[PDB]
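Structure with 1-deoxynojirimycin present.
Lettering of chains proceeds alphabetically from A, tracking the sequence lines in order. Residue numbering for chain A follows the PDB entry; the residues present correspond to positions 2-394, in that order. By the PDB entry numbering, chain B shows 2-394, in order. Residue numbering for chain C follows the PDB entry, covering 2-394 in order. Here chain D follows the PDB entry, giving residues 2-394 in order. Every number for a ligand or one of its atoms is a count from 1 in the order of the listing.
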Protein chains: 4
Amino acid sequence: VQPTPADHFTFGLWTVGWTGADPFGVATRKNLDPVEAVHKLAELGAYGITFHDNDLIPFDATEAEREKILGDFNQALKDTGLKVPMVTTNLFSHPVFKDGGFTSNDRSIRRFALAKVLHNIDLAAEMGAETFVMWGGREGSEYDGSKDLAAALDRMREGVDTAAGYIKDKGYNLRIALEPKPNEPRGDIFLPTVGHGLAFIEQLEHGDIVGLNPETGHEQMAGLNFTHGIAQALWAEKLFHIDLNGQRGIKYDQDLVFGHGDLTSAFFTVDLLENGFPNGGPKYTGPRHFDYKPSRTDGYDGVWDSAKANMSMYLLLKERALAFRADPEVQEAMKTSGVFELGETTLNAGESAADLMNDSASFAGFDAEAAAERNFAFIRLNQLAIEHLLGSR
Amino acid sequence: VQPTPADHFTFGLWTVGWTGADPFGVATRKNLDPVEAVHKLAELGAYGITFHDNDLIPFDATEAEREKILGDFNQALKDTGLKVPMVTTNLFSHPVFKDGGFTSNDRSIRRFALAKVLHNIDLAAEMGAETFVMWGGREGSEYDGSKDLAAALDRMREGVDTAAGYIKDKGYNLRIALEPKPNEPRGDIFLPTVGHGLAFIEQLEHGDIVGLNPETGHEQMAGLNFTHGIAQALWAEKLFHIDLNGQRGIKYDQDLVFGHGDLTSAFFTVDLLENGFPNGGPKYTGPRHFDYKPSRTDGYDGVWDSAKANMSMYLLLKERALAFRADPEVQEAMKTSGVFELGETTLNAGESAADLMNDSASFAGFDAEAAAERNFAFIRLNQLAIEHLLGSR
Amino acid sequence: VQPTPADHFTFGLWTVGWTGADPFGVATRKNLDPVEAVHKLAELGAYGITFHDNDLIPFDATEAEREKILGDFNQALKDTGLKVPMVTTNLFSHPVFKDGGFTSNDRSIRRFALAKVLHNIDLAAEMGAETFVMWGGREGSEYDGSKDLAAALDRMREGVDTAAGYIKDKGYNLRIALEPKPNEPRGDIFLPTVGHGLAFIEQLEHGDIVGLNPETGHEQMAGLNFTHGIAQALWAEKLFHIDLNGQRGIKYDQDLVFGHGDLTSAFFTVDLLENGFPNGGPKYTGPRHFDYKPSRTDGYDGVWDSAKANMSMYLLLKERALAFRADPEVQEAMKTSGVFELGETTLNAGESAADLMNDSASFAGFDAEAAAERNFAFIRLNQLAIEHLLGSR
Amino acid sequence: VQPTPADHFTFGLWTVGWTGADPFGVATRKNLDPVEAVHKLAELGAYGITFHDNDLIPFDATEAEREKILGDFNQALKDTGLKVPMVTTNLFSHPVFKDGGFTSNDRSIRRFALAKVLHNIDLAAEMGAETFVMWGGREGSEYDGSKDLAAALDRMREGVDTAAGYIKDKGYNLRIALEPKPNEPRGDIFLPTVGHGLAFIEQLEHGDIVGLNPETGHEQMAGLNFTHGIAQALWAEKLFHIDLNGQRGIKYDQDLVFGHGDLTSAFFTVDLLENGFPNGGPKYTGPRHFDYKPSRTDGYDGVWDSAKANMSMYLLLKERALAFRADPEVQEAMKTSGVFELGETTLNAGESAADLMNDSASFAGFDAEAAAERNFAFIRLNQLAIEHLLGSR
Ligand SMILES: OC[C@H]1NC[C@H](O)[C@@H](O)[C@@H]1O
Ligand SMILES: OC[C@H]1NC[C@H](O)[C@@H](O)[C@@H]1O
Ligand SMILES: OC[C@H]1NC[C@H](O)[C@@H](O)[C@@H]1O
Ligand SMILES: OC[C@H]1NC[C@H](O)[C@@H](O)[C@@H]1O
Ligand SMILES: [Mg+2]
Ligand SMILES: [Mg+2]
Ligand SMILES: [Mg+2]
Ligand SMILES: [Mg+2]
Ligand SMILES: [Mg+2]
Ligand SMILES: [Mg+2]
Ligand SMILES: [Mg+2]
Ligand SMILES: [Mg+2]
């Protein structure tokens, strides 16, 4: 199980560079030089790297420092071949953003947040990124009277449509990906799930270049089925990027390695990315990005190991999910369970609503108790899946 | 605190009629005659009643039984004046629906489910209902390989667009309201939240007459903020109906009386329905429906008491939320916290993206550390709210 | 991966016999005869069968009816060789137990719930059961004011200590195992987790013969780590029986097959039951009882598939857990991470608190910054367990 | 609703002093001097202040530095009259405690964590503290294989029993209180709830002087009923201290002010701490300690508002809880529901298990169907508590 650029494993600079400070303690690891991260990631088989403007350029950086940091960084990229598929903005660590960027109650802040974002789009554009990620981490509240919620969504729309309008105006080849999160750091975050993300998109003047960046753990924090969520994003064709990691339950964002959380769920996420839908449909073709944090208990050896464990986990799952769908016994079980059957339209070609209600056989004379006798055999189909996952069959 | 028809309290027939069987035990209460429910609800101050086709008409009812039951039922309505604002379909108790109605894997079932629904629309139409509710309770799975998820959403769309197409064709004055639920009775339900509900709607040929029926408890089962969810439904203008009840955490659907769960949340839901958005916007004007279950521990006295407790709770909360927004000290705190400020557009009239990025003051010379000094005072605004709720001020 | 009676797999009659009635629908399968249940399980390789009094003898049965039922049932056990390792009482289905058995606010229901238990200890002794399980499924409340919380525990203590003393008096060779559950059917059940169960036993007069019956799904309904919980029970020498199944999140009790829930957790569960502790310590040698429900979407073929599946899952993870611990690479990784080191006392033999305080090398002159550099290499250690689980190593 | 020193409200230095650094951002407020903290709290009506060794004395401080700090601090206590009821140790912030203090896989960190505690018991005695709190915040794991679960408990037992014996040896008049937490910062903390805490104490050599320090937010992070948990601690005579705050759901530790979380639960919490049990029994007379964090969106005015708010919330709910129990309508409702009846033993004086079994009126000739008709009227009883809470009665 050896990854290759062709695999499109991307990693966030803030991921391997996470030095370990959490809400109850300080960093356990020294800062990571961006040039080193670039080079280690290229020796591991990474395809690209992503970052937040302030991951690379300090908030207070002078112009001379900015040009230098970027010289060093492009030099590393040049030298190693890594791509920069996604760039994002940090609208959350500086105290100024304590109430959000786009949806801060303070107009002056909303303004700086949008400016900071427009500048970052130029940068994203220079770096050759295809995706522009928005994570509205400080957008929300701890109390229900803190905000006029209709005004918070108007404000969100203004910021996103302004960013998108500008992409169109500058002719950049960028798509905006919204990344939902239910809570943390705010008690309640706006656009908390994939569903809320897709909904909002549809209210946008420029929603056509706006899509989603679901994160495994974020969905699991609301106890939702991450495979079901991304399938909704796919079906609507708004799956522009994905963030893979592991979560063990409803609690703080753990950001474990992909597959170190809910494993069967990881299995079916891989089946979906790789194999697609059993009856066919859109397939995801973007970068497979890992947004995790090397546990603070581990030193730097652990850090490259966890980077490596991401890609292995994906590759192992990939192998199992291909075996799985390729097993003849699994294809038969599927057919039995009606998986292919769900793909057949309900109505007959040119059958109307009226046509159906008066069809006796479909209703009036339909024998409901006999139909109810079908053994769907979903347990056995489940068992086969598990046996493929365990490398048992 | 005495309700009046003018209040628009509606109750589901299955609510006061819930006889008490849960997954670990049998009914503790005798069946409720629909005629009695109609009359008790009218003596309590209810404005209307709602039902599922099989709440009133048995699955196996003969035609002669159907006409009788409806004679008795319309007689009660006639006599007491109650309205029938909403009607819904039972696509979940018969074994035939063990895998869903609309999204069952078995084509014959999908067909019967849609027929059963089309017939129910005629009925909804005869009863004078304005809203047609769809609760896809058996739509989902316990295992991730049971379903082709893109095919499950195509199937869902077919069923909903077919129902809606038919409303348009028959000229009925009905709107379809989708009711999301994250889980129970299935391990995972499709369209699990308000967000997923709104998203899907936008993929519909006839989404224009399709909206949402959020339920307090359903949203709280995924740990989401029910006030924030309905505010998104409002903002998108898709809040067609609401179901009020109480939930004490992430667990099975408790369906407690409204306000017997998360009370502050109940408080802010009422503030929102009644008072609207602090900066203005759409307001909800539909029935205030209670979909709860009188605890199985209580006999029939408890049953009318719990019906009555719904309406009292709403009225008490209403009183507190009007006092609250009317307090001058609260309006001042709000202004301080920037609630009205969030309502001011970010950009200046005819200011472009480009105009903003080069405005020095908004970015380049913006003093971020000084702005960050603002005391938002959301804690105090929270305290005032609570003190109004407790009838302290 | 062919089970055999020394595997000690047992199944409850209520599991395979569950006909599918959930709170939103009717049973989807025909009742199962118990004689057929014994024959069918013996043949699958089960070692024993468990039951609740009313699983076998109807609540309403007459004495002769009771005697006719046990005669066919006893014959069947003889014909098959199945044992009856554990017996339990139904103190939750009948309407009378609507507020509980032992903790019911009505004193005459309490006396009745306790006489139902006593009579059942006599049948238990008669069957050869070693463990008598108590699940206080209706013991709790939906509202905080419904109970005097100190009295409920006194009433609970009273019922369990009366049953225990009864055991000692008759000289039955039986132990009582309490089964914790945090909610469902009550909004709050008393003794909601393993901890609460363990603590409570320490306040009993006859605690010596009272221990616990943890269940996978149950602790997972409070988002707890099942392996950490059963570990504490064992450490305390209170793990008298165990119920194994699958739960996919904090939601209603799912009762999926063991391994169809949280897969990595099931693996570590099998590692502690089969292999025990790395530094040596207690071991559980009781039955591996499966407390699950065969999915209602499936017919009888899925019922026996499901029973097979529980035994398979356990046997697969069992080989992987043995390969895993046997692996010398794993043994070195555990060695690096300090798994063995934790087994070493903190204090040296005969060292006193004062000695340690007063030891400059342990505090005063301790290099804490140096010590912080240790790479615990927990991530790699995790990656090795997962590769072993995926049958990759 | 003006607090006074006999209200026994205490506050931790770390609470008001929290400057706002969360995992996604930097502190938003300037550090608070402890001298200023004492002066400011004494003035608000607090009775006492608590702290963690490193809250006052820096980890790095020199002896003279330690002495200079305690001198100003001790002066301040004198000038104000504030007491120091509880003291605790920081075994979580510094990088060395990355795998725990007492349960760290590294033996030399364990010895260091235990000497840090011993030295702190000496400062505790010196301050006049009666309670020494232990929060094992880093004691646990992110992966199941990281620890030998039996050894971790042995190491935990060892550290707590060494500290206890130390206490007894020196004759300090102090008790140890353990504070359970289910997760954060670890994916799984050991002794995750009140139950686990209580059970564990029973296995100690010096358990007699060891009890618990439950915290609202903490049990709520496992979705438990805080009133049912503190009730069990009290029943066991193990409720030695308490931390009060607010949590709005299963998510990260929010530390909102008491009452800004689950309002109905706070009310019943105040009813058990203030009024005790309806049939009489134990009472808690220790301090009402507030373990919260002032929201980072707010400046120092919100810090002191927030401190005021904790004391107000408690005092408001306190009057409502007294009015509520005093109400003769409530006393009759409780009487109907059986609250008092539960206080009655099940068995008659001198009745034996055999007597009861053998009593035809308690089992054989018991009308269970009749008994099932009782209207426990739990809903109405709930509605009365809520009207009292809304200051409506
Ligand atoms: O802003 C993008 C990036 N920021 C950091 C967030 O925590 C992560 O979830 C997100 O992918
Ligand atoms: O189908 C509509 C109705 N059905 C019963 C559901 O449980 C409830 O949530 C829903 O409002
Ligand atoms: O009473 C024992 C048995 N009853 C059925 C329960 O639902 C299960 O949790 C328990 O193991
Ligand atoms: O150590 C005591 C104190 N530390 C800070 C913790 O976060 C809180 O839960 C605990 O009460
Ligand atoms: Mg994350
Ligand atoms: Mg992310
Ligand atoms: Mg509901
Ligand atoms: Mg509903
Ligand atoms: Mg269960
Ligand atoms: Mg069980
Ligand atoms: Mg806390
Ligand atoms: Mg605390």
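Taking every instance into account, the structure holds 1-deoxynojirimycin at ligands 1, 2, 3 and 4. The main partner of 1-deoxynojirimycin (ligand 2) in this structure, judged by heavy-atom pairs under 4.5 Å and named as in the PDB entry, is D-xylose isomerase. Other chains having non-hydrogen atoms less than 4.0 Å from 1-deoxynojirimycin (ligand 2): B, C. With the cut-off at 4.0 Å and only heavy atoms counted, the binding site of 1-deoxynojirimycin (ligand 2) comes to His53(B), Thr89(B), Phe93(B), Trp136(B), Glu180(B), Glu216(B), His219(B), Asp244(B), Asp292(B), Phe25(C).
The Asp244(B) neighbourhood of 1-deoxynojirimycin (ligand 2) comprises atoms 11 (O), with distances under 4.0 Å to a heavy atom of that residue. Nearby ligands and ions of 1-deoxynojirimycin (ligand 2), counting only those under 4.0 Å: ligand 8 (magnesium ion). In the vicinity of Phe25(C), heavy-atom distances shorter than 4.0 Å reach the 1-deoxynojirimycin (ligand 2) atoms 7 (O). Each of the following atoms of 1-deoxynojirimycin (ligand 2) lies closer than 4.0 Å to a heavy atom of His219(B): 9 (O). From 1-deoxynojirimycin (ligand 2), the nearest residue that UniProt flags as active site in chain B, along with the heavy-atom distance to 1 Å, is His53(B), 3 Å.
Taking any N or O of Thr90(B), backbone or side chain, none lies under 3.5 Å from an N or O belonging to 1-deoxynojirimycin (ligand 2). Looking only at protein heavy atoms, the nearest one to atom 9 (O) of 1-deoxynojirimycin (ligand 2) is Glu180(B) OE2, 2.8 Å. Of the protein's non-hydrogen atoms, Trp136(B) CE3, 3.5 Å is the one closest to atom 6 (C) of 1-deoxynojirimycin (ligand 2).
Judged by heavy-atom distance, the UniProt Mg(2+)-binding residues in chain B that approach 1-deoxynojirimycin (ligand 2) within 4.0 Å amount to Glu180(B), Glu216(B), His219(B), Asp244(B), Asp292(B).
The protein heavy atom nearest to atom 8 (C) of 1-deoxynojirimycin (ligand 2) is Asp292(B) OD2, 3.0 Å.
When only non-hydrogen protein atoms are considered, atom 1 (O) of 1-deoxynojirimycin (ligand 2) lies nearest to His53(B) NE2, 3.1 Å.
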